[PDB]
Amino acid sequence: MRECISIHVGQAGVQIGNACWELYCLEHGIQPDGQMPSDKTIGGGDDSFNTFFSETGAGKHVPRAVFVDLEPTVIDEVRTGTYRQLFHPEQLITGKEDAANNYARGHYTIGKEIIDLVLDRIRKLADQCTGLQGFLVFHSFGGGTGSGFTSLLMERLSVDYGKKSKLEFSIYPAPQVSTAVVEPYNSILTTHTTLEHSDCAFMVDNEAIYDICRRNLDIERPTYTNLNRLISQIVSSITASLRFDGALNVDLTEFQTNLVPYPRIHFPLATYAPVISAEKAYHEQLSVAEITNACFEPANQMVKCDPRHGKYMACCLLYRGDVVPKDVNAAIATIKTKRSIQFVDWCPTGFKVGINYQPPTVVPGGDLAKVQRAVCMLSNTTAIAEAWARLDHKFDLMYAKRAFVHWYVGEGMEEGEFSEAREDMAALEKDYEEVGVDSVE
Amino acid sequence: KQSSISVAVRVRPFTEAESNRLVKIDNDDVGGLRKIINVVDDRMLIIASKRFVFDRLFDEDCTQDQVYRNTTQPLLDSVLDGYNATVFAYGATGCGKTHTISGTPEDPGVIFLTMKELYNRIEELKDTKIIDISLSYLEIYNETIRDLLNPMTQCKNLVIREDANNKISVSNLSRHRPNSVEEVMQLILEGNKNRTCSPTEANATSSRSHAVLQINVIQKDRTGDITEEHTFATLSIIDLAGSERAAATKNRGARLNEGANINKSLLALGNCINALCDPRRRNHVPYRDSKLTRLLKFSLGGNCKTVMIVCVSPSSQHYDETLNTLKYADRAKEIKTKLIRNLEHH
Amino acid sequence: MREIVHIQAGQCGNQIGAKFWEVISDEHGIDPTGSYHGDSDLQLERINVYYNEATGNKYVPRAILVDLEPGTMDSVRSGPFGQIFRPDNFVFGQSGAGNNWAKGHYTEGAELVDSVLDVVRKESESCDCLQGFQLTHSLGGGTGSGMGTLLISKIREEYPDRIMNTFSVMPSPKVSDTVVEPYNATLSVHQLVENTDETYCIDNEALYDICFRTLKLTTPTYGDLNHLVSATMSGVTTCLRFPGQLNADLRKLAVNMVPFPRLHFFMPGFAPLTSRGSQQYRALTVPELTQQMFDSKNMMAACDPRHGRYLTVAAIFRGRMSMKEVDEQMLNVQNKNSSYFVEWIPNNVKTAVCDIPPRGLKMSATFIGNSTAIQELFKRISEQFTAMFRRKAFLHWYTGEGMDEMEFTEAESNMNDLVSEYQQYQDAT
Ligand SMILES: CC(=O)O[C@H]1C(=O)[C@@]2(C)[C@H]([C@H](OC(=O)c3ccccc3)[C@]3(O)C[C@H](OC(=O)[C@H](O)[C@@H](NC(=O)c4ccccc4)c4ccccc4)C(C)=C1C3(C)C)[C@]1(OC(C)=O)CO[C@@H]1C[C@@H]2O
Ligand SMILES: Nc1nc2c(ncn2[C@@H]2O[C@H](COP(=O)(O)OP(=O)(O)OP(=O)(O)O)[C@@H](O)[C@H]2O)c(=O)[nH]1
Ligand SMILES: Nc1ncnc2c1ncn2[C@@H]1O[C@H](COP(=O)(O)OP(=O)(O)NP(=O)(O)O)[C@@H](O)[C@H]1O
Ligand SMILES: Nc1nc2c(ncn2[C@@H]2O[C@H](COP(=O)(O)OP(=O)(O)O)[C@@H](O)[C@H]2O)c(=O)[nH]1
Ligand SMILES: [Mg+2]
Ligand SMILES: [Mg+2]
């Protein structure tokens, strides 16, 4: 009854979804074949909950997911890999040619040839569910598909569904690190097109996770598998309130009424405190106060920003494991009196608390340690206004000389659409300066 | 010896479909949406939140005579007295660029009126000096030049070339020498008939190729003068295609390729105008990005002056590309040009 | 189902293509007979990109050979890998080009390109989805410089929205081989600038220097040069037929490397390259590979990068490696050498990674660059052209076949315009 559909777009989306569904299968006892021998231990078990999996009469558990990608290189690896029997064989491929880091091809030219299948599968999955609580769309700014196809699909879903929640998980471009020359253009066009369709778009930066892996986990040569595992842990911490039971369960629909004050400002940061390897799992207490303090440190942020250069607007702390409300209240009281962690003058409450009794899982062959308790912080703050501005500085430098523009106009776009995508973003920046000034009377 | 580039603006009247909704729905408050442009005077201009200045603007109720008298006289007078001058249209789909520059047999455009006045001036000056004319008419489509007067020639043979003097000259171009206004009307009508267009859409008058008409005027003495008064000159009328967004056309076939090439050519023209306007980008102006800007090498800033007629719409849906046209017009107004006399035979 | 159609024009193109198919067959595990004796499944999952399947588990290359003299075709047929090619695409004439661009583009090439286009259509219509074409030719001779350009123009007319590539062996600065190199080079560039999308410039002297200094080879034959070219030719598509963390196709590299349509001339390179007696004294890691790649001594074109600035650079890695290492190393290279990079492009590097390295190495990396220094090469021709055109040294052989001086003037003007275009962005801000 608490179900929610997941969609993944592009290479980044598919590779994050691999880790996400590996984690879900590990947590709920489902094997890669889709079976569930956990019923042997307890008769009539419900470990493979109906939130993320659909059960057939034969004992299988097919996942609720729609993997879509233009190029046939990542989905084929899933069809050949070890999870080939888990997913429904309707993993959608255009199978012809990639978007080539072009927003126009992902939106106008090639995206229009495959969107109908996506909508049909989403309709079937929605009709299977009794009442779905929202959509979880995984993508990444900078890629052609991740921008264009995500924007097109969100537009069509808002036309079709509307009031249903639509949350995002996006890999924002880093200020210095990058792997694409035309990435600022795609990011700017995406934020223009997908500002009035989403409801809460979480952001993640690759450079921040690299720094976290270097400092805490002590991995000097990480790859994308570790980043995907950390993002999987974030999403599992978010969704733990639906599958299991706890003292305070935060539903998906209650995220919005506690994190977004105004409709346009819906870009919060996400952080995971107890990132510790098995070697340093010892010599540490890992109490509620310690993890709560670690969540607010600049060094443990998963998005490259300095919260000290801005004011926190809202915070939502989702705990897991052995946690008592008194310890959480003590941690919040300790945090509030600190003068470095500022808050807006129009939010005396500030924090939302959620507690769940299921501890975090551990994937074999990973690097995260087994911890009794964990916490995930989702914070809406004004530091993000810096991260936009840098990207805007990368836009105006290139658009001034009209560089890399002939591809976009040659694949069905007008130059003016660029300028709008700047101006709207500028307005958003102004909003983040209009909601930081202290009130007067 | 230098001249000044010229810019003018025109706006169409509401169509029947939008005007009907305007009278029904939005008239009560005062889709038939509100008037964004709201022209404030003859020279300046206002938009929803800003203000600009262009030369000799026109309202939706303006007449052909007013625009002809306000844009063409310097070009006509210069071209007849040697020199060089041109005119070219700009804007987006549905802004009426093919109506003002060409017109209909009952609503004639700038071409008919300016060439008829040239013929009348030739008749008037016949007692003084003899004048002859030559004509050519071509289109640019999908990065290919096509001749609208000799369609049998293939696009393979049509190619632009230049010598050490850097003078543009098209090969195998059909240069036609007329004798009367009826003949040139026949040529113009046949060329417009053979123009590439999209009759699939409801607006079958939609042009999907850049049309270029070139008229050369030459002079010669009457009675007994010995190798005097040659004084050739060139004039060109250019009709560009629109920059319709792909969002406005869900169905996409060969029209996709046509629109892509049209937008690439328009972007090349915009880059050329921006390069010319900027002081320190004068080291090189990218004329070679498309055939269109290559053919207008001398027209832009080489040895000639031109009139940029930008066409807009009053519908509220048409906002962003109208602003793009306004910005590009502003920089097109800031480019200079030189002007020199013609060769004399001896 | 992305696939590529290969064409080979002239002696240089034919030899490079022969070595290229020799390399690719070993990469995918195919014999001279055309059967399969690989070991891994990944070699057959994307075999359709280059090869075409046949009856008895056989595989025929999708290559089209063309040259006006039959000697090179007989040499290739007598070679070891001559049987895999289908006999029906061995299109040839009888009268050679004679190192004359007019004979290859106007007189004799026109009498043979129809068959080539028929073969190209036959190969292309069998495709489920076509990514683009790729051609190998030399810009000094007559067959290459004429027929390759004519075929490129006609294919672009028939297939406008597909990628066209060229691996052109540009004329040498010092040691030439034909007296009429400048005319052929200028007339071929006049078409390449208009038609192609990725022109990979290569120079013989750079290959000789690489062979003498890096590889420490005493007697580098043409086979070694063809090997060096084939290494890069089989690296710009590794992500298009193997899995990887961050994939990349020909169009993705085209978009991230061509800021303006006329700037599509690229300098390639390959790493690791070491002597056979010095591989036990080196640690094969990402920093060593990037140091070897970005060094001017490893470039495959004579033009020095340090005489200009990089507009856009691309790096295709092959093997298992950390993305943090790659990102950190490219950022460090950009920061340290900021004088050699363009300001108005914030990030100049486009990285791609593939998980399957070559047969006998644990790591490899193909470098591509778009440098303003390439203008120098054109400038050299623009001198060697005019010194011969100001006196009409060897011009009657060209006018006797149909051409006129207008073509020569137009080609010179286009080359000078390209040089000025590069010089504009070299010193802009
Ligand atoms: C133990 C070891 O490292 O063996 C190497 C080797 O010793 C060195 C010296 C090899 C060797 O290469 C040369 O000596 C050479 C000669 C002329 C031109 C170019 C190279 C090698 O011949 C080259 C050969 O390379 C390959 O097999 C690659 O897969 C290559 N394919 C072919 O060379 C090939 C040629 C004919 C038929 C089938 C395959 C390749 C490269 C790029 C992309 C695809 C394939 C290998 C493993 C070696 C030897 C054998 C000594 C080097 O070559 C390459 C391309 O890897 C030169 O320095 C590199 C790396 C090594 O240090
Ligand atoms: N966190 C994370 N980010 C990734 C991963 N793979 C790619 N990215 C990011 O994605 C960005 C570029 O988009 P890609 O994922 O490579 O490809 P895409 O988004 O699907 O766009 P296309 O090229 O059209 O397919 C890069 O800047 C990467 O930072 C991944 O496995 N994990
Ligand atoms: N000022 C005007 N008054 C009345 N009717 C007009 C006016 N301008 C244009 N029209 C008519 O409106 C219709 C659409 O304009 P049209 O001239 O087709 O624009 P266009 O420039 O041809 N579009 P494009 O094909 O993209 O260039 C035409 O049939 C015109 O005759
Ligand atoms: N790399 C390489 N280059 C070659 C080879 N043979 C010739 N060339 C180059 O190609 C040029 C001659 O072109 P050629 O192949 O004779 O053209 P064609 O006669 O018209 O087919 C010379 O400048 C050489 O540098 C070869 O085997 N390998
Ligand atoms: Mg991709
Ligand atoms: Mg028109």
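Every chain is numbered from 1, with letters handed out A, B, ... down the list of sequences. For ligands, and for the atoms within them, numbers begin at 1 and follow the listed sequence. In what follows, every heavy atom counts, from backbone to side chain, and hydrogens, waters and symmetry copies are set aside.
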Worksheet entry | Drug present at ligand 1 | Taxol
Worksheet item: In this PDB structure, which macromolecule forms the chief contact with Taxol (ligand 1), named as in the PDB entry?
Response: Tubulin beta-2B chain
Worksheet item: Can you list the other chains with a non-hydrogen atom under 4.0 Å from Taxol (ligand 1)?
Response: C
Practice prompt. Give the source organism of chain C as stated in the entry.
Written response: Sus scrofa
